[PDB]
Amino acid sequence: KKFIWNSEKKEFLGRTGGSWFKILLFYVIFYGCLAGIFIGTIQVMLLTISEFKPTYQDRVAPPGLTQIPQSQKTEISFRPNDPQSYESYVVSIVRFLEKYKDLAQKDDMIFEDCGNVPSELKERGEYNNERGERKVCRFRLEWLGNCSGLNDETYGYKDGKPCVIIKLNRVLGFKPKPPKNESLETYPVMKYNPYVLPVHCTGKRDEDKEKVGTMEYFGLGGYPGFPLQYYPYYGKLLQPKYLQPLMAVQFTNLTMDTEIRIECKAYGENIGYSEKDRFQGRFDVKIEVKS
Amino acid sequence: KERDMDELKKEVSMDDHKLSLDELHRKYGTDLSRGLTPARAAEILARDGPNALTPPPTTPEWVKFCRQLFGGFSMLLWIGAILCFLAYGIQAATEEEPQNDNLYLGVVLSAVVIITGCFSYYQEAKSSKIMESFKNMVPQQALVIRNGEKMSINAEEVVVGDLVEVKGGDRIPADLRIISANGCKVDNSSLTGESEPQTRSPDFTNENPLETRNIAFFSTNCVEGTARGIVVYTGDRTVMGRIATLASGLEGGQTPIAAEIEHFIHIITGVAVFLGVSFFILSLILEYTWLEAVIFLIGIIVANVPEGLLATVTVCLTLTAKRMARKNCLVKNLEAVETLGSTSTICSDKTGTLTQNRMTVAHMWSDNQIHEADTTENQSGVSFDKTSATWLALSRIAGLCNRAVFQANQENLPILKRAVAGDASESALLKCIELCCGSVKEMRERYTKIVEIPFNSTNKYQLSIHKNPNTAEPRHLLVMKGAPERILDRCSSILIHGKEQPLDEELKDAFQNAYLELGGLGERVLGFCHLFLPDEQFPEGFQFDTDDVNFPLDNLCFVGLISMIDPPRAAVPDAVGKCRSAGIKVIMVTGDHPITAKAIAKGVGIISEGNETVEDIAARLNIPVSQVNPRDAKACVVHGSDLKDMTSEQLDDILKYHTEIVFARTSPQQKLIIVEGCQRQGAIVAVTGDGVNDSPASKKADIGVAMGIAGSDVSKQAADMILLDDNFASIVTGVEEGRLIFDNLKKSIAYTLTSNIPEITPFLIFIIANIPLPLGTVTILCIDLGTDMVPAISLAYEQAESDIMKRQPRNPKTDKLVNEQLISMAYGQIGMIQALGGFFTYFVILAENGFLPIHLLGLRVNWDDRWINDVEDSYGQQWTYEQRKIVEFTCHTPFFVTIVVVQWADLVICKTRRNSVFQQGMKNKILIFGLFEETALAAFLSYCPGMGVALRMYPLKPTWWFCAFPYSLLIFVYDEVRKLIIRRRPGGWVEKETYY
Amino acid sequence: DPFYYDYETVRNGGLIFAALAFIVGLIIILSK
Ligand SMILES: C[C@H]1O[C@@H](O[C@H]2[C@@H](O)C[C@H](O[C@H]3[C@@H](O)C[C@H](O[C@H]4CC[C@@]5(C)[C@H](CC[C@@H]6[C@@H]5C[C@@H](O)[C@]5(C)[C@@H](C7=CC(=O)OC7)CC[C@]65O)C4)O[C@@H]3C)O[C@@H]2C)C[C@H](O)[C@@H]1O
Ligand SMILES: *[C@@H]1O[C@H](CO)[C@@H](O[C@@H]2O[C@H](CO)[C@@H](O)[C@H](O)[C@H]2NC(C)=O)[C@H](O)[C@H]1NC(C)=O
Ligand SMILES: *[C@@H]1O[C@H](CO)[C@@H](O[C@@H]2O[C@H](CO)[C@@H](O)[C@H](O)[C@H]2NC(C)=O)[C@H](O)[C@H]1NC(C)=O
Ligand SMILES: CC(C)CCC[C@@H](C)[C@H]1CC[C@H]2[C@@H]3CC=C4C[C@@H](O)CC[C@]4(C)[C@H]3CC[C@]12C
Ligand SMILES: CC(C)CCC[C@@H](C)[C@H]1CC[C@H]2[C@@H]3CC=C4C[C@@H](O)CC[C@]4(C)[C@H]3CC[C@]12C
Ligand SMILES: CC(C)CCC[C@@H](C)[C@H]1CC[C@H]2[C@@H]3CC=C4C[C@@H](O)CC[C@]4(C)[C@H]3CC[C@]12C
Ligand SMILES: *[C@@H]1O[C@H](CO)[C@@H](O)[C@H](O)[C@H]1NC(C)=O
Ligand SMILES: [Mg+2]
Ligand SMILES: [Mg+2]
Ligand code: NA
C-alpha cells in the first residue's frame, strides 16, 4: 500500500502533476500574503517606536556592575609565572581598553575634555534630534593608576596582585545619584560624596574578608567610583563612540593558592540590588592566584 | 496445538440419538425404568467433572490495568517520554549546568499516560462492575431417577447416562435422549432459535440432532407435559457447551476507531520524523555538532506529539458513552460506542431480538372479516372493533374453553409481561381476553364447567360445556376449539351479527381463502365454535358423563378463526427502516423455519413489499423455479440446509448480487461463517442477538449487541454492547452517536493539531536565525495541558451540521478520521498564521524594550550565556543576565497568551466543518465556558503572585493582549470564507483539498 | 522616574478580570 509513488494514470508521491502544481501555486500565494501581512504589521510596530529612546526602560531599573575579565564563572585562576595561564584575561583587558587610548580619542568634534576633577552631571539638552551629534567626555587610561601603564601593544599587567576594573552598566537617560552625606555605614571612603558614584569591594564572609589583606582603588583624580560628569547616556544613535567611566581595583595582599570571594558593591540611591541577580548593583568575583 | 481444538468446534455437531432403546441401553448400560446405582453416579461425577459449564476465563484486575497503560495513543507518549530521558541523558553527561526542561517534561508525559490509564480503566471496569449485578444465578435442582427411586439433586451432581424426568415448568438439565414422552413441549428458543414451543417425541424424527424430537437440550425449558430421557451429554460437551466454549475462544478483532487512531499516529510520526530529520541534517550543515543536533532532532520529533490529545479523546469517548448509559445501553468497551455509526451491515437475530419471542394472538376472523389485533409489547396500537355479538361470542369461547390461568404473584404485574401456566397458545388467548375483553376471573367462574374434553393425540380438539347465567335463556352452552380442519368437518351453522345461517359454500370458500391468507403469513390459526344445547333434551340435571356421544358434534355454530404468531418488538419496524434509511444493509440471521422468517422479515422491513425471491417469481408464473434468472430476484431466502454445501465464493456472490438476504435454519456455527462472509467484503458488521446461538456471531463481529434481559448469559457476556432495556431503537441511537462522535472527534483533532505549529516554530527559527528563545517549555505545557483542555472537550459537545442519519455510511478506504486535508488545514494554513501571530508579539515586546527585531539575529549565542551581564541592544544599553532573561520569560508569557487568543478563533472555526458560525450558532455552553475559562486561566497564569517564580510567567503590560487580535480575526475571516466557498461551490476544489 | 512600572496596578487588575471571566463562564454553564 506504500508504493503509491506512481502509476500509468499520473500520480507522484501521492497526487498527480497538475494537482501538485495547483497546490504548490496556492501555497505560494497564501504564504506570500501571510509574509506580506506579517511585514506590514511589523512595520506599523516599527512606526510605534522612536530612534532616540526605548519605550520601556523599567526592566533595567537597577544598573549592573561588570568587570573587564569576563571569566567563565567570574573566577580568576592563573599562575604568576606561566604567561599563557593568564593570556585569556590580558587579551580581554587590552581589547576592552583598546578604545580608550589617546589616539582613539583624537577628534575634537566628538570629544570634549571633561576635567581632572569629578564635577556635576552634564545634560546636553533633550533627547530629540533637533541638536546635532552630542559630544562624549574623554577618559584617558591614565586615570586608572597602576592598572594602565604606558606599555606596548600588550598591556603588561599585574601577575602578582592582579587588577580588576569595574564598569557601570550604560543606561539611557540614567542619572546616578550617590548616597547622601548621611552615609549609613558605607566602609571608609573619601569625602567626595557629591560628584562620584561610590563603589566599595569587600569579602563575603569571615574567611574571605580575612584572606583579602589590602585593596587599592583607582579612579578619576583618585576617587573609587564613577564621576557624574559622564552621565546621562543619550543612546548609541546620538552618542556613538561613547566612553563610560571606569574604575580599577587591585588586590595587593592576597593569600596565594587559595580561592577567595570578593563582592564589589556599588552604593547609591538610584542603584538597586537583587537577591536573584548578583550583578544588579553588586558584583562578585572568585580570585585565586595559584603559584 | 489449540488450533485443532477450535476447528473441531466450528464444525456442526454430530450425535448417535438415532438408536433403538435396547441399543442405547447397551451403549450406556443403564436401566431404562430404574436408572443407575448412586455408586456409579458418584463414580462418574468424580470421573469427568460435574454437569456445569467450566467458569469463564477470569481476568485479573492488574492485567486490564496494565492493558489501559498501553495501546496506540499511549505507546506514542511512551516513546516520547523515553526520548525525553534519552535526550536528557545526552544533555546531562555532556554539557555544563544542563537544563531540567527535558526531564521535567518526561515525567509529565509519563504522568499523562498513567492518569489517562487510571481514568479509562476505572471507566471500563465500572461498566463490568454493573454487569456483575445482573448475574442472578439461582442454583436449580434436577429430577433424576436412580436405583428405581426419583430424587431431586443439584444440576451439577448429574452424570452421563442416567434416567431423568421433567415436569412442565422445569428446565432441562443436561442434554438428554428422550425415551418416554407425554405431551412434552420444550422451548429450544435460546438454543437453535426455534420460536414456537417444539414438541419432543421419543422416536427418531430427523437426521439432524437439532431438528429432531428425541433429544432434550441444555438450558432449554419444558413448557408443558412430562418426559423421561437418558443423559447423553454433560458439562461442556453439551450443545450449548460446545457453543459457549467456542465463543469464549474466538477473536475480537480490531475496532474501526482503533484503526483510525493507528493510521492517525502513522501520519503524526510520519511528518514528525520528516521535519526532525530534515532539520537535523540542516543543523549539522549549519554549525552545530552531533551532540547538539541529536538534541534538536529529539526535540523536533517529540514536540510533534499531541500530549493532551490522549485524555481529550478518551473523555471525548466517555462522554458519548454516558448518554448510552442513560438510555439503558451499556458498552463494556470504551471505544465500541463509535462502532455503531461506522456500521454498514447489521446481522440481526429474529427470535428474541427482532421478535418478542412470545406467542401472541395475531388476527381474528369475525363476521367473515379479518381483524388485526394489537401485537405490541407495551400495548400502543390500533384496537379492533370490540362492540358486536360475534365478539361477545368468540371472546367467551376463548375465556371458557381454555386450560390457562394466572399464578400467585401475578396481581400487580402488567397484563402481558405476567407469568401464565399452560399452553403458549392458551396463554396468548388468555392475555388477549384479559386485556381487550375486561377480565377472565369472574367471566370464567360465572359459567360453571360441567364436562371437558382435552386435546386429542389425533384429531386435536378441545371442547367443554358450561351453564348459562344470562337472564334471558336458561339453556346450556357447548364450546369447542381446534385446528381449522377439525371445525370445518363438524359444523353446519354460522354466526353473523347475532343470527345464524347455513354452511353455504358462498361464504365457506370465503372461510377457506381467509384460512390460507393467515396460514401463508407464517401464523398458526385456530377455530372457535359453540352451539346452544336444548334444555328440553338435556335438562338442568342431566350430567352428560364423558363416555359416549352426549353432545351434537355437528351442526355447531362457528364464530371465527383466531390466528397467532410471535410479533416483532415495538419499535423494531421503524428502527429497521431508519437503518436502511442511512444505508445499513440489514440481514436477518436466524435458525428458525423459513415460513416464519420470511413473514417476519416482510413485517419488519428486511424484505421490502414488492420485491420477490427466486421462488416467488416461479410461483407467480407457474414455472419451474430453476428457470428464472437469480438477477431478477433482489431478495433471497437461504435455507441453512443448502448453506452447508456452499463455499466462500458462493456466499460472496449471495451477498454481492442480492440486497435483501434472509438466512434461515442456520446453525450457531453457521452464523459465524455468515458474519465472516459479510466481513470478507470489507464492510463493518454489527450482530444483534439474544440466544446462545448468537454467541460466536456476537463475538466475531466488529460489534455485538445483546439483549439485556431476554437474552442468555453466554452471548450477553461475549458481546460488546448490551441493550439493558431490550429497546431495539437503541441501535438507531447508537449509529447516530457513532457518526456524531466520529465527526466531532475530527474537529477536536484539528484543534489540538493546530496549536502544534506555534508550539514548534519558535524552536525552529531559534536554530535557524539564532534569535533568543521566543517560546519556553513550561508555556507549551500550559497550552497543551492547560488552556486547550476545555476547548477540545467542548468541541465534542457540538451537534449535527446536517442530517447524519441521511448520509451513507463511511467508507473505510476513503473516509479516514485524519485525512491529508486536515493536516493541510491545521499544520498547513491555520497553525501557520498562529505561529506568525506569536512571533509578532515576540518582536513587539523585544523591540519596545530596546532589542529591535533586526538586532535579534545571531544574539542567542551571548543571550543564553549566564555570565555575560553587559549585552548590548539597539539603543546601546547594557543588560545583565536576569534582566534579559526576565524579558525572555515575560516574552514567553505573552506568546502563550497570543496562542490562547488565536485559539479563540480556531475553536470557533473548528466548531463548524462545513456550515457557518452564523448558520450553526454559538449555543455550545461548554464551548462558551471553554473560551472564558481558557482566557481567565491564561490571565491568572500571568498576574498571580509567584508565577514569575514558579513558572517564570511574569505579568504582562496590557498592550501585549492586543498584539494577537488581528491574526485571530484573520484566521476567523479566512476560515469563514472557506466554509462559505464550500457552501456555494460543492464542486470540490475548496472541498476535496481542505474540507476534512 | 521612568525606570519604574506600576506593576501592582496591572497585576491586580488582571486578577480581578481573571476572577470575573471565570465566574461569568460558571454562570453561563448554569442555565437554571
Ligand atoms: C565546548 C565549549 O562549550 C561551550 O558551551 C556550549 C556548548 O556546550 C553547546 C551548548 O548548546 C546548547 C545551548 O545553546 C542550549 C540549547 O537549548 C535549546 C535546545 C535544548 C532545550 C532544553 C532548550 C530549551 C527548550 C527545549 C529544548 C529541548 C527540546 O526537546 C524542547 C523540550 C522541545 C519540546 C519538545 C516537546 O515535546 O515540547 C517542547 C522544544 C524546545 C524545548 O522546549 C533550547 O541547546 C544547545 C545544544 O551551549 C553551551 C553554552 C562553553 C565553552 O565555549 C566550551 O569551550
Ligand atoms: C604603583 O606601583 C608603584 C611600583 O611600580 C608603587 O611605587 C612604590 O610606592 C611605594 C609607596 O607606597 C614606595 O615605597 C616604593 O618605593 C615605590 N616603588 C617604585 C618602584 O616606585 C606605587 O605606590 C603604586 N601606586 C599606587 C597608587 O599604589
Ligand atoms: C600582608 O599579608 C601578610 C600575610 O600574608 C602580613 O604578614 C604576616 O603577619 C603575620 C602577623 O599578623 C605573621 O605571622 C606572618 O608571618 C606575616 N607574613 C608575611 C609574609 O610577612 C602582612 O602584614 C600584610 N601586609 C599588609 C601591608 O597588609
Ligand atoms: C524553517 C523553514 C525553512 C521551513 C519551511 C517549511 C515550509 C516551506 C513547508 C512546511 C510544511 C509544508 C507544507 C505541508 C503541507 C502541504 C500539503 C501537501 O499535501 C503538499 C505540500 C504542502 C503544500 C507543504 C508546502 C511547503 C510547507 C509550508
Ligand atoms: C484590513 C484591516 C482590518 C487590518 C488592519 C490591521 C490592524 C487590525 C493591526 C495592524 C497593526 C496592528 C497594531 C500594531 C502596533 C500595535 C502596538 C503594539 O505594542 C501592540 C499591538 C498594536 C496595538 C497592533 C493592534 C492591531 C493593528 C492596528
Ligand atoms: C474578541 C473579543 C470579543 C473577546 C473579548 C475578550 C477581550 C476583549 C479581553 C480578553 C482578555 C482581556 C485582557 C485581560 C487582561 C488585561 C490586564 C488588565 O490588568 C487590564 C485589561 C487587559 C489588558 C484585558 C483587555 C481586554 C481583553 C483582551
Ligand atoms: C559631609 O559632612 C562632612 C563633615 O561631617 C563635611 O566635611 C563635608 O563637606 C560634607 N559634605 C557635603 C556634600 O555636605
Ligand atoms: Mg434469539
Ligand atoms: Mg502540543
Ligand atoms: Na468483540
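Alphabetical chain letters, starting from A, follow the order of the sequence lines given. To match the PDB entry, the residue numbers of chain A are left as they are there, and the shown ones run 13-303. Shown for chain B, in order and in the PDB entry numbering: 21-1016. Numbers in chain C come straight from the PDB entry, and the residues shown are 17-48, in order. Every number for a ligand or one of its atoms is a count from 1 in the order of the listing. Going by what the header records, the deposited coordinates were determined by X-ray crystallography, 3.5 Å. All values below were derived from every heavy atom in this structure, side-chain atoms included, with hydrogens, water molecules and symmetry-related copies excluded.
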| Drug at ligand 1 - which one is it? | digoxin
| Chief contact partner of digoxin - name in UniProt | Sodium/potassium-transporting ATPase subunit alpha-1
| said: Mind telling me what name the entry has for chain A? | reply: Sodium/potassium-transporting ATPase subunit beta-1
| message | Got a sec? Which transmembrane segments of chain B (UniProt, counted from the N terminus) put a heavy atom under 4.0 Å from digoxin? | response | 2, 4, 5, 6
| In chain B, which UniProt active-site residue has the smallest heavy-atom distance to digoxin, and what is that distance rounded to 1 Å? | B/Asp369, 49 Å
| task | State which residues lie within 4.0 Å of digoxin, judged on heavy atoms. | result | A/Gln84, B/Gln111, B/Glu115, B/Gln119, B/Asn122, B/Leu125, B/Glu312, B/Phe316, B/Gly319, B/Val322, B/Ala323, B/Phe783, B/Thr797, B/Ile800, B/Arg880
